[PDB]
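Amprenavir complexed to Protease, as determined in this entry.
Sequence lines set the chain letters: A, B, ... in the order given, protein chains first and strands last, and positions in each chain run from 1. As the structure lists them, so they are numbered: ligands from 1, and atoms in each ligand from 1. Worth knowing before you read on, the calculation uses all heavy atoms, side chains too, and leaves out hydrogens, waters and symmetry mates.
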Number of protein chains: 2
Amino acid sequence: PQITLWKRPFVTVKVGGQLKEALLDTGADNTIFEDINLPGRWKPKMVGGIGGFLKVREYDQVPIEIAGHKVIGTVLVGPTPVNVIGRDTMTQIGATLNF
Amino acid sequence: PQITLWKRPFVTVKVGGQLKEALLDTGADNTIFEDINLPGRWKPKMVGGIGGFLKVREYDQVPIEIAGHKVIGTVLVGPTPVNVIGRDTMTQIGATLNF
Ligand SMILES: CC(C)CN(C[C@@H](O)[C@H](Cc1ccccc1)NC(=O)O[C@H]1CCOC1)S(=O)(=O)c1ccc(N)cc1
Ligand SMILES: CC(C)CN(C[C@@H](O)[C@H](Cc1ccccc1)NC(=O)O[C@H]1CCOC1)S(=O)(=O)c1ccc(N)cc1
Ligand SMILES: [Cl-]
Ligand SMILES: [Cl-]
């Protein structure tokens, strides 16, 4: 797709085969969801945002699909106010910013 | 330009007569700079993200030079860890995400 930015750029995303929504966020290094339930053990991880630093759960090698693109990546789960697709995943799907 | 996302997408912009670097940020509703002097009146606002909220000054109808274009729009000013160009400004230069 080619999408403009008048509204928040949410996409449908299948993450661990569960159907969710998340914001394509070129300012996010990492991809983070609030309450998807991914199976298994996870690694503690820290992420930083406008307000400070949060402790999140890092789940490795998680399947993610966006726009027909099926990728394997790292997905954080933590108290983010909105689900975000970060640059890690966006480079895997060949996403670019254009103007 | 077509910007890939293997690194953080910084651009140089002019604001308040000064050259500043800012992150092209499709997750940011509005543009925010740290430490700039703008002349008009401002209004106090708050923005939220990862780790909580940030107090900013909202200046309305401010010029920014980004790429080759004069964009007039809202600019927020506050102690953001990184300057960001948000959707409010990117929409005015017809920026799009492509994937
Ligand atoms: C640029 C904003 C962050 C300033 N604001 C918040 C204030 O905490 C602000 C925090 C701050 C100080 C210095 C640099 C950067 C930030 N301290 C402040 O300036 O005092 C200083 C000047 C000398 O002594 C103490 S604000 O404009 O006052 C305000 C208040 C409430 C809301 N909702 C919105 C804005
Ligand atoms: C969380 C999104 C929805 C909103 N933020 C934009 C995001 O791109 C934000 C940009 C940023 C980069 C580095 C340090 C600080 C902030 N990155 C971010 O948090 O990266 C996290 C999530 C995964 O990787 C790490 S914002 O900064 O809170 C924000 C809110 C409102 C306005 N007007 C402008 C900015
Ligand atoms: Cl256990
Ligand atoms: Cl700068």
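All instances of amprenavir are found at ligands 1 and 2. Contact chains for amprenavir (ligand 2) (heavy atom under 4.0 Å, other chains only): A, B. Looking only at heavy atoms of the protein, atom 5 (N) of amprenavir (ligand 2) is closest to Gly27(B) O, 4.2 Å. In this comparison of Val84(B), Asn30(A), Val82(A), the heavy atom closest to atom 3 (C) of amprenavir (ligand 2) sits on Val82(A).
Inclusion of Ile32(B) in the set of residues having an N or O under 3.5 Å from an N or O of amprenavir (ligand 2) is not warranted.
Numbered from 1 in the order shown, with element, the atoms of amprenavir (ligand 2) that lie under 4.0 Å from a heavy atom of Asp29(A) read 24 (O). Judged by the shortest distance from any of its heavy atoms, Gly48(B) lies inside the 4.0 Å radius around the atoms of amprenavir (ligand 2). Near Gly49(A), meaning under 4.0 Å from any of its heavy atoms, are these atoms of amprenavir (ligand 2): 15 (C), 19 (O). Protein heavy atom nearest atom 29 (C) of amprenavir (ligand 2), with residue, atom name and distance: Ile50(A) CD1, 4.0 Å. The shortest separation from a heavy atom of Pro81(B) to amprenavir (ligand 2) is under 4.0 Å, placing the residue in contact. Amprenavir (ligand 2) places these atoms under 4.0 Å from at least one heavy atom of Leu23(A): 3 (C).
At a 3.5 angstrom cut-off on N or O pairs, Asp25(B) counts as close to amprenavir (ligand 2).
By the deposit information, the source of chain A is Human immunodeficiency virus 1. Of all the heavy atoms of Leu76(A), none lies under 4.0 Å from any atom of amprenavir (ligand 2), so neither backbone nor side chain is involved.
With non-hydrogen distances under 4.0 Å, the site around amprenavir (ligand 2) consists of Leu23(A), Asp25(A), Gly27(A), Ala28(A), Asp29(A), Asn30(A), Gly48(A), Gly49(A), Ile50(A), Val82(A), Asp25(B), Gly27(B), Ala28(B), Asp29(B), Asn30(B), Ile32(B), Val47(B), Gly48(B), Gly49(B), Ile50(B), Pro81(B), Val82(B), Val84(B).
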